[PDB]
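A deposited model with rilpivirine.
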Amino acid sequence: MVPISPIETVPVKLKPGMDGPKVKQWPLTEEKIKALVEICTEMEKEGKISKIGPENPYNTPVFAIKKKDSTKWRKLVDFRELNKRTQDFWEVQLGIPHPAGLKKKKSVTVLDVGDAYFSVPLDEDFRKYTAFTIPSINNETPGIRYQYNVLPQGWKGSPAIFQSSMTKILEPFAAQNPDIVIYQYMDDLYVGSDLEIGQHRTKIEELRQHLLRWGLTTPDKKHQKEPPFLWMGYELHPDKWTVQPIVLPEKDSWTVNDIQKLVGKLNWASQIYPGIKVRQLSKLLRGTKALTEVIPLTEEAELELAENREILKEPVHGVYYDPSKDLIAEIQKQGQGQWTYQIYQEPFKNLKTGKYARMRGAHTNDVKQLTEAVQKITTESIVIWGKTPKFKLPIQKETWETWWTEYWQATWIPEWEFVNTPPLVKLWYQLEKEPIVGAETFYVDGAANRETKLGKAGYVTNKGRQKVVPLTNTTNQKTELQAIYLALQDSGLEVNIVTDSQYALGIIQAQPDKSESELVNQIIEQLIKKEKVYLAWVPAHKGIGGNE
Amino acid sequence: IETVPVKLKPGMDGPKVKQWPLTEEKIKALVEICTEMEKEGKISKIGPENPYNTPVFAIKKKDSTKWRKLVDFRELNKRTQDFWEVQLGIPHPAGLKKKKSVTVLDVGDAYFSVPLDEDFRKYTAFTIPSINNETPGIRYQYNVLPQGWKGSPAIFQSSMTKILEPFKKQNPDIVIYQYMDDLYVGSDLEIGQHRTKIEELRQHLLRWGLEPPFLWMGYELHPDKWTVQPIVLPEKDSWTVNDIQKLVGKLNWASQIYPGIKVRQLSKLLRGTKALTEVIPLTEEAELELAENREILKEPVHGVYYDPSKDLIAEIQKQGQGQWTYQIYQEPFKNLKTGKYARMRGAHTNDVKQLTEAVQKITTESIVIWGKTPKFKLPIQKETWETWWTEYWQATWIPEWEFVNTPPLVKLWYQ
Ligand SMILES: Cc1cc(/C=C/C#N)cc(C)c1Nc1ccnc(Nc2ccc(C#N)cc2)n1
Ligand SMILES: [Br-]
Ligand SMILES: [Br-]
Ligand SMILES: [Br-]
C-alpha cells in the first residue's frame with residue numbers, strides 16, 4: 001500500500017464544569033431499528049464508528065427518518081445536548097466573500113471532496129461523549145452502543161475542525177501555485193485561474209495528486225456543476241456576477257411578514273440594483289410585530305414599491321475587481337434620509353451598489369448624513385478590496401470646507417471630488433461669529449408651570465419692540481424655543497438674539513437642517529430666510545437686564 | 001527561561017474581540033512580520049479549538065519607514081489578573097516630569113526573550129485577515145511575552161532592573177521609568193550630552209541582548225517646559241454689551257471652580273435692553289468686582305489632589321484653526337492639568353489626524369506625570385473615529401475613549 005499522511009486531530013474539551021450528555025434514547029419501530037443496525041454495521045466497517053461497552057455512561061439519541069418518496073431510511077443523531085456542552089470554536093469562516101471583491105477568471109473547476117467531509121478523525125478523548133444507542137428489538141437485550149471516530153454530522157465542532165483540516169491540507173498547494181485561487185464550499189473545491197486551459201487542467205490534476213497524499217480521492221467523472229454557480233444568494237459567472245432572481249409578488253393586501261420579506265429582497269437586491277429604496281416600506285413595520293397583521297400601504301409606500309419594480313424590471317450585473325485600477329465611489333441623496341451609491345472602476349460598469357439610511361435621532365443635517373455614508377462605504381471597501389475608494393460627492397468643495405472648519409466636532413472625509421448632479425448637499429444657514437452692528441437685538445425668554453403646563457414666550461429689544469405670547473400644553477424647554485422662534489419671525493433680515501437657554505444652544509450649535517420637532521423645523525425655516533443671525537448665550541437669573 | 005504562572009481574573013473568560021478591517025498594505029506588512037516571528041519561535045499557528053481573539057494592526061512609528069505590529073490588548077488587559085505578588089507596585093517617580101529632557105525608547109522587543117506561561121498563551125490569539133475573506137484568516141498565538149500586554153512589564157520587571165542596575169549606578173541622577181513597551185529616560189543634561197547618555201544606554205541595552213528593530217529611535221520630550229492654562233479674563237478699555245455678557249458667562253462658569261467669584265456688580269451693567277454692540281462704561285463697583293475676580297483666578301483650585309485609585313478623564317475641545325484645548329481630571333471642576341495645542345504636524349486639512357495626535361500627546365503627558373493613561377471623551381462621532389484613528393496612530397499603547405455627541409458650552413471658556 002501507499003502510505004498516507006495522518007491528519008492531526010484537534011484537541012476538544014467540554015465547557016468548564018460540564019459533563020457529557022446523558023439523554024434518553026427514544027423508542028423506535030422494529031422497522032427503524034433494523035435500518036439503523038445495517039447503516040451502523042456499514043459505518044463500523046468503514047471505521048467511522050465503533051461498538052463500545054456498557055461502561056460508557058454517556059448517550060445521545062438517534063433517529064431514523066423516512067427519505068421522502070423512497071423506501072430507504074437515513075440516520076440522524078440529535079447532538080443538541082452535546083453541542084450545548086461542547087466548547088466554543090473559532091469560526092474559520094470570518095465572513096463570506098463579496099462577489100464584487102472577486103477577480104475575473106478564465107476557468108473555474110469543481111472537485112468533489114464529499115468523501116473527505118466524513119473522514120476527519122475525532123479527538124480520541126472526546127469520542128466517548130458521542131455515544132449513542134440503537135434500541136433492541138422488543139427491548140429484550142441491551143441496545144447496541146456506538147461512538148464516533150470521525151467528525152459527526154450535526155456536532156458543533158465538525159464544521160470548524162473540518163475547515164481547519166482542509167485548509168491545512170490546501171495551504172502548501174495554494175502557496176506553491178500562486179497563479180490559482182482555491183475555495184471550499186460544502187463538500188466541493190473550486191479552483192480558478194487565468195492559465196491557458198492546458199496549464200490549468202494540469203494544475204487540477206496536480207491538486208488531485210496532492211490530495212491523494214492524505215488518501216483523498218476525487219471522482220474521475222468530473223462534476224456536474226458548472227458556471228454559472230448559484231452561491232450564497234448570488235450568481236457567479238466567469239466575468240460577472242449578480243444576485244439570484246428577485247421577484248416582487250403582485251398582492252392586493254400585504255401582511256407584516258410579507259412586508260418583511262419584501263424589504264429583505266429589496267435589501268438583497270440593493271447591492272447591485274441602483275437606487276433601491278425601503279424607507280416608506282420599512283415605516284410600515286414601525287413598532288408592531290404581529291406577523292399576521294395586515295397593513296394598508298400608504299400612498300408613499302406604493303410609489304416607493306412602483307419605483308422599485310421599475311428598477312427591477314430587467315437584469316443587472318456587476319463586474320469583478322481589477323486590482324490595477326482605482327476604485328470610485330459615487331453617492332446620491334435620495335430624500336427622507338436615504339442615500340444610494342455605486343462603486344466602479346470603469347464608467348457604466350459597477351462592481352456593486354448600495355444604500356445608506358439616516359440614523360434615528362432628534363436632529364440632523366445632510367452633511368452629517370453624507371459624512372456617515374462615506375464612512376460606511378469606506379469600511380465596506382476595506383473589507384472587500386482592502387482600500388479606500390476615491391469619492392464623487394454631490395457637495396461643493398467650498399461648502400465642505402466651510403462646514404468642517406466651523407463644526408464643533410472633528411470630522412473628515414477621504415480624497416474626494418465634487419460631482420454636479422442634483423440635489424446638491426449645501427449649508428442652509430450659518431450663524432455669525434460676531435454680533436451684528438446695526439441689527440436689532442432681541443432678548444428672548446420663556447417659562448412654563450410644570451403642573452398646569454401653561455407658559456409664556458417672548459422678547460424685548462433695544463428698539464422697544466416687545467412681545468409675550470401665552471401658551472398651553474407646553475414645557476420650559478418648548479417655551480425657550482418658541483421665544484427664539486418669535487424673535488426670528490418679528491425681526492428683519494439681520495438680527496442679534498440673546499437667550500439663556502442652554503437647551504436651545506445645544507440644538508442650534510449642532511446645526512440641524514431638519515428635526516423631529518416641528519418647532520425646531522420652524523426655527524430652521526426662519527433661519528434660512530435671514531441674511532445674518534448672531535445667537536448669544538447668557539446665564540439665567542443673574543440680574544442680566546433685557547433678559548431679566 | 002522558566003515561565004511565571006499567569007491567570008485571568010476570577011469568573012472571567014478570555015477575549016473574543018472581532019478583528020476590524022485592515023487595508024491591503026497592513027495585511028501584507030503583518031504577513032511579513034508574523035512569518036519571521038514564527039520562524040523565530042515568538043508565535044505559533046493555532047487551531048480552531050482556540051476561540052479567543054484580539055485585534056491586530058500595524059503602524060509606522062514617528063520618523064520611520066518600517067512597519068510595527070501593534071496588538072490591541074485592551075480587552076485582555078482588563079481581563080488579566082493584577083500583579084502585586086513580588087511588589088505591591090512601582091511607586092511612580094514624581095521627578096520624571098521635572099527633568100529638562102526625556103527620551104522615550106521602544107524596548108518592547110526585549111519582552112520576546114521571556115517565554116509565556118504555556119497555559120496562558122491561548123488567550124493571546126490573534127488573526128491576520130484576508131482581503132474579502134477569500135482565504136482563511138491566519139491564526140497565531142504568542143509563545144513569549146507580547147508587546148502591549150500589561151503582564152509583560154510585570155513579568156519582565158525583575159529582568160529589566162538587573163539590566164539597568166549598572167547604568168543607574170554610574171548615572172545616579174538619571175530617571176528611568178518604564179510604561180508598557182516604552183522606556184522614559186530623563187535628565188537635566190545639555191541635549192548633546194543627553195543624546196550621548198541615551199546612546200550610552202542603547203549600548204548597555206544591546207550588550208545584554210547578545211537586533212532590536214526600533215531601539216535605535218529616540219523621541220525627545222521636555223516636560224519642564226510643559227505649559228498649563230490658568231483662567232484669564234480680558235483686559236479692555238471698551239466693553240460692549242456682548243463683551244460683558246461673555247465675561248459674566250465665563251465668570252459664572254469659573255464660579256463652579258472658584259468659590260468667591262462674584263458677578264452681581266457686572267450683571268448690573270447688563271441692566272436694561274441695549275444693542276449688543278453698544279459700549280457700556282464700567283461702574284466703580286463693577287471694576288472692583290472684576291479686579292477681585294482677577295485676583296481669585298491667580299490662585300490654584302482648592303482641594304485638588306490626585307488619587308491613584310480613580311480613573312483619569314481627559315476632555316478635548318476643537319477650537320479651530322488647528323488649535324485644541326484639553327483638561328485632565330478625576331472629579332468635575334477639579335482639573336489636575338489643562339493645556340492647549342496649536343502646532344500642526346501636517347494635518348492642516350484633517351481634523352481627525354489632529355485629534356488623534358492630540359490624544360497621543362495627552363496620553364504621553366499623563367504617563368509621565370501619573371504613570372497611567374486617561375479615559376478620553378472625544379469630540380467626534382464614533383464611526384468617523386473608528387474608521388480613521390488607526391491610520392494616524394504612532395504609539396505602542398492605546399487608551400480608552402468614549403464619544404461626545406452634544407456640543408459643550410464650556411468650549412467658549414477654554415478658548
Ligand atoms: C470565493 C470563491 C467562490 C467560488 C465558488 C462558489 C460556489 N458555488 C469559487 C472561487 C474560486 C472563489 N474564490 C475566488 C477568489 C478570487 N477570485 C475569484 N473569482 C471568481 C470566482 C468564481 C467565478 C465564476 N463563475 C468567477 C470568478 N474567486
Ligand atoms: Br458518514
Ligand atoms: Br435572491
Ligand atoms: Br475622485
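In what follows, every chain begins at residue 1, and chains take the letters A, B, ... in the order their sequences are listed. Looking at the header, which is where the method is noted, we find X-ray crystallography, 2.1 Å. Quick note: numbers below take in every heavy atom, side chains included, and nothing from hydrogens, waters or symmetry partners. Each ligand, and each atom within it, is numbered from 1 in the order the structure gives.
All instances of rilpivirine are found at ligand 1. Bound to rilpivirine (ligand 1) with the largest number of contacts is the chain that the PDB entry calls HIV-1 reverse transcriptase, p66 subunit. At a heavy-atom cut-off of 4.0 Å, the other chains in contact with rilpivirine (ligand 1) are listed as A, B. Residues with a heavy atom within 4.0 Å of rilpivirine (ligand 1): A:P97, A:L102, A:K103, A:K105, A:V108, A:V181, A:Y183, A:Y190, A:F229, A:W231, A:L236, A:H237, A:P238, A:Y320, B:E134. In terms of protein heavy-atom proximity, atom 8 (N) of rilpivirine (ligand 1) is closest to A:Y190 OH, 3.2 Å.
Close contacts between rilpivirine (ligand 1) and A:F229 involve ligand atoms 8 (N), 24 (C), 25 (N) [criterion: under 4.0 Å to a heavy atom]. Closest to atom 28 (N) of rilpivirine (ligand 1), if we only count protein heavy atoms, is A:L102 CD2, 3.8 Å. Close approach of rilpivirine (ligand 1) to A:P238 is summarised as follows: ligand atoms under 4.0 Å from at least one heavy atom of the residue are 24 (C), 25 (N), 26 (C).
Where the criterion is an N or O separation shorter than 3.5 Å, residue side chain and backbone included, A:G192 fails it with respect to rilpivirine (ligand 1).
Looking from atom 24 (C) of rilpivirine (ligand 1) to the surrounding protein, the closest heavy atom is A:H237 O, 3.2 Å. Protein heavy atom closest to atom 17 (N) of rilpivirine (ligand 1), with residue, atom name and distance, is A:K103 N, 3.2 Å. Among protein heavy atoms, atom 16 (C) of rilpivirine (ligand 1) sits closest to B:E134 OE1, 3.6 Å. At the top of the distance list for atom 11 (C) of rilpivirine (ligand 1), counting protein heavy atoms only, stands A:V181 CG2, 3.7 Å. Against a heavy-atom cut-off of under 4.0 Å, A:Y320 is close to the following atoms of rilpivirine (ligand 1): 23 (C), 26 (C), 27 (C). Looking from atom 12 (C) of rilpivirine (ligand 1) to the surrounding protein, the closest heavy atom is A:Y183 CB, 3.3 Å.
The deposited model's entry lists chain B under the name HIV-1 reverse transcriptase, p51 subunit.
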Check rilpivirine (ligand 1) against the protein and report each N/O to N/O distance under 3.5 Å, formatted as atom name, atom name, distance.
residue, atom, partner, partner atom, Å
rilpivirine (ligand 1), 8 (N), A:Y190, OH, 3.2
rilpivirine (ligand 1), 17 (N), A:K103, N, 3.2
rilpivirine (ligand 1), 19 (N), A:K103, O, 2.5
rilpivirine (ligand 1), 25 (N), A:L236, O, 3.3
rilpivirine (ligand 1), 25 (N), A:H237, O, 3.4

